[PDB]
Every structure is written in structure tokens, then in C-alpha cells.
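One letter per chain, A onward, in the order of the sequence lines. We're sticking with the PDB entry numbering for chain A, so the shown stretch reads 10-77, 82-209, in order. Heads up, chain B uses the PDB entry numbers, so what you see runs 9-75, 82-209. Any value given below was found using the heavy atoms of this structure, including those in side chains, with hydrogens, waters and symmetry copies removed. We count ligands from 1, going down the list as the structure has it; atoms in each ligand are counted the same way.
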Amino acid sequence: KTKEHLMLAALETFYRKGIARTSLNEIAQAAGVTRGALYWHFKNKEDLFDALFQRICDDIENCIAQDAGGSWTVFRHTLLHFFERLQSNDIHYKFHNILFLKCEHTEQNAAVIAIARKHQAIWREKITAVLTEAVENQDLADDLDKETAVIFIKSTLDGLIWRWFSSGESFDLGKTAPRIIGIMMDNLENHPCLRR
Amino acid sequence: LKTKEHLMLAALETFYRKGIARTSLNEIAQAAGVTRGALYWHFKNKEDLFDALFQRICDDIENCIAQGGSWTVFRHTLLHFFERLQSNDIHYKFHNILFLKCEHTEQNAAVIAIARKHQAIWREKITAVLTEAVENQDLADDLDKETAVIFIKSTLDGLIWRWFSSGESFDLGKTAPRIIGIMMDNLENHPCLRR
Ligand SMILES: C[C@]12CC[C@@H]3c4ccc(O)cc4CC[C@H]3[C@@H]1CC[C@@H]2O
Ligand SMILES: C[C@]12CC[C@@H]3c4ccc(O)cc4CC[C@H]3[C@@H]1CC[C@@H]2O
């Protein structure tokens, strides 16, 4: 509860001031913990961020058993569960808020950004594996262009998150995300321009 | 009106290298090789430079429309917008700043409000293209236009965001037309965008 208390203080501070303008010492103030104890648990600020990203991912994967007839069906559930969690889980809300809006791509953030890309590369391969299992079960056609489909998926879903935050949550994500996900899946299943 | 454009581009250039939050007027005026006062005459603050930059992006897009049916004109304008992102350094840098170097902190609050104003304008313009397209029967009378405009913007936002934040990992020239085609098809045919 010491290591956790520090990450939530990192998250709360990142959300307030942004990643670049946040210091390993002002995180200590929020957590109310000596810097040597902080250094005990994490080397530097990228570490706090890497742990926040890992917690987000753990939460998604831990629920996948509870989301799970067939794996392409599980994907649908996991996508829908993701967007509900954005609304109702304050940790996932703030973290994605930070990732899309509070993490500017300047040299000051270079190390944090490389951490983001490590986790996104893991997610990119998660998608490929799901597409691959789905072709094998014949939920997707055998000539599905998997490299293109992966860009299409990340593009479609990133766009909805970006739009939602940028608008200031000015539309109902609970009604809109299922429409968007519905259209996307239909396109992966049926549209010719995602075939090789 | 040519002094204004030189001050504007020094800001765009400085915003691109440092981001908006860390740029100061001093550095802009320096980059432009003019005094603080002379900059101040044309532009009071960074908000006003960013606003003018955003205004010039929109002017470029609108001027090229002026040179089929409007629903066909829309498709062409989406396609050319993404070509322009590759081949036009000002549209590249600007959208790079808007999506990657425009943090949503309190110091940037005024710039963000600027950005929302222009995004609102574009939303109204998209809403009109959909309204005209319906009456010309390029889209169905039953088209859910409120959802459709969210759908169009997040489709395009997603491409731009994904291309910039991945370090331009894929070829926008092959990807953008394929995304825009699929979008166009869904607007015309997908039943999720109706009723
Ligand atoms: C699509 C995203 C990457 C891939 C993620 C994934 C990847 C595999 C999987 O089985 C489920 C999910 C759900 C959340 C998805 C993410 C939501 C937004 C992000 O871009
Ligand atoms: C979707 C955007 C706003 C609406 C823009 C528009 C709005 C109306 C129109 O007739 C054409 C275009 C092309 C470019 C579009 C933009 C590309 C990026 C921007 O977010």
C-alpha cells in the first residue's frame, strides 16, 4: 500500500500538471513519503509511468476470463468493457486522459514516450493474435489483410478516445462506443478493402 | 500583411520545436528577428498566433474547394487534406503541434479554447455537408446526422493521431484513402448510422 499509494499520487499529479511539468519530488509530497522510500520502490519518473501503464493493462487482461462463446466474441466484449471502464473507473479515465492529452512529444518526455510505445507494441501484437485466432475459427476471411486490419482497429478506437476527450466528453460514450465498435467489426468481417 | 505571415511562421516553427507551452514570445520574436514590441503590435499573445495559424490551415482547405456534387467534393477534400499533411510543411507542422505538442494543462487553457472554437466551426461545416447530401439523396433521409458527424471526426482524428503518435510508422498515402473509402461506404450504407 506504499507502492500503490505512490502510483496514485503520480497519476493524480500527471493528471493535474502533465507528465513533463511533474517532478519525482512533488509526487513524494502527494504520497507523503520520503524520497529514499520513493527511490526504494522506483528508480525514476518513467518507472512510475511504466507501473501506471502496467496496472491499466493488468486490469484489462485480468477481466478477460470474466469477459469470456468464441474468441472473436471475447474481443467484442473486451472492447465494450474497455470503453465502459473509461467512463466508470477513475484510474483508467485519468490515465488515458494523460496519455492522449497530457503527454506532449518533446525531448523532455522522450523516455516516458518510449515506455508508452513498449506497451503499445505489446497491444499491437495482442490484436494480431486475436485476428490470427479469428481467421482460424473462420470469423474473419482467410485473405484478411492483418497488417492493415491492425492499423484500422487502432486507428478507429484511438479516434474515438481522442474525440471523446477533445470534445470534453461532450457525447455519451456509453451509447456511441457500441455503434463505433459495431461498425468496425462489421468492416473487419465483411468489407473488401480489408482483404489482401 | 506580409509582416504578419513572417511572424506567424516563426511561431509555427517555434511551436513545432518546443511545443506551445514552453514557447515564449521572446523566442518567437527572436526566430522572426524582430523586437518584442514589433511582434506585440501584430499579435498580443501566443493564443493569437495559434489562432491565426489555425485560421490559415482552414483558409487553405476552403480556398482549394473553390478550385460532381458536393458529396463528391467532400470525398475529394478529405483525400486532399491527407495528401497535404505529407507534402505541405505548414500543414504537417501545424497538425503535429495540435495533436502532439498541445498539452491540456491550465497554462494552455486559452490555446485549447482557441482549438475548440475552430473544431466547432469544422463540425458545423461537416453537419452542413451531411444536410445537403441528404437532400440531394447522396445519403439516406434516415441518416442519424448527430452520430454521423461524431463518426466522421473520430475516423479522421484517429488516422491523424495514429500516424503522428506512432512516428509516421505507416504510409499515409496508402492508408488514408482506404480508411476514407470505408468511412464513405458506412455513411452511405451502414444501418448503424440511421434512425
Ligand atoms: C484498441 C486498443 C489496443 C488493443 C486493446 C486490446 C487488445 C487485445 C484484446 O484482446 C483486447 C483489447 C482491448 C483494449 C484494446 C485497446 C483500446 C484502445 C487501444 O488503441
Ligand atoms: C476532420 C477535420 C475537420 C473537418 C474538415 C472538413 C470539413 C468540411 C469539409 O467540406 C472538408 C473537410 C476536410 C478536412 C476535415 C478535417 C481534417 C482534420 C480535422 O479534424
Drug listed at ligand 2 | estradiol
Give the name, as used in the PDB entry, of the chain with the most heavy-atom contacts to estradiol (ligand 2).
-> HTH-type transcriptional regulator MtrR
What other chains come closer than 4.0 Å to estradiol (ligand 2) by at least one heavy atom?
-> B
Which other-chain residues or nucleotides lie under 4.0 Å from estradiol (ligand 2), by heavy-atom distance only?
-> B/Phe88, B/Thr91, B/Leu92, B/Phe95, B/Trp136, B/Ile140, B/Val143, B/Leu170, B/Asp171, B/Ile174
Which of the atoms of estradiol (ligand 2) are close to B/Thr91, meaning less than 4.0 Å from one of its heavy atoms?
-> 11 (C), 13 (C)
Enumerate the atoms of estradiol (ligand 2) whose separation from the nearest heavy atom of B/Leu92 is less than 4.0 angstrom.
-> 13 (C)
What species name appears in the entry as the source of chain B?
-> Neisseria gonorrhoeae
Atoms in estradiol (ligand 2) flagged as close to B/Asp171, the criterion being non-hydrogen separation under 4.0 Å = 20 (O)
For B/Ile140, the estradiol (ligand 2) atoms whose distance to one of its heavy atoms is below 4.0 Å | 4 (C), 7 (C)
For B/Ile174, counting its heavy atoms only, list the atoms of estradiol (ligand 2) lying under 4.0 Å from any of them.
-> 18 (C)
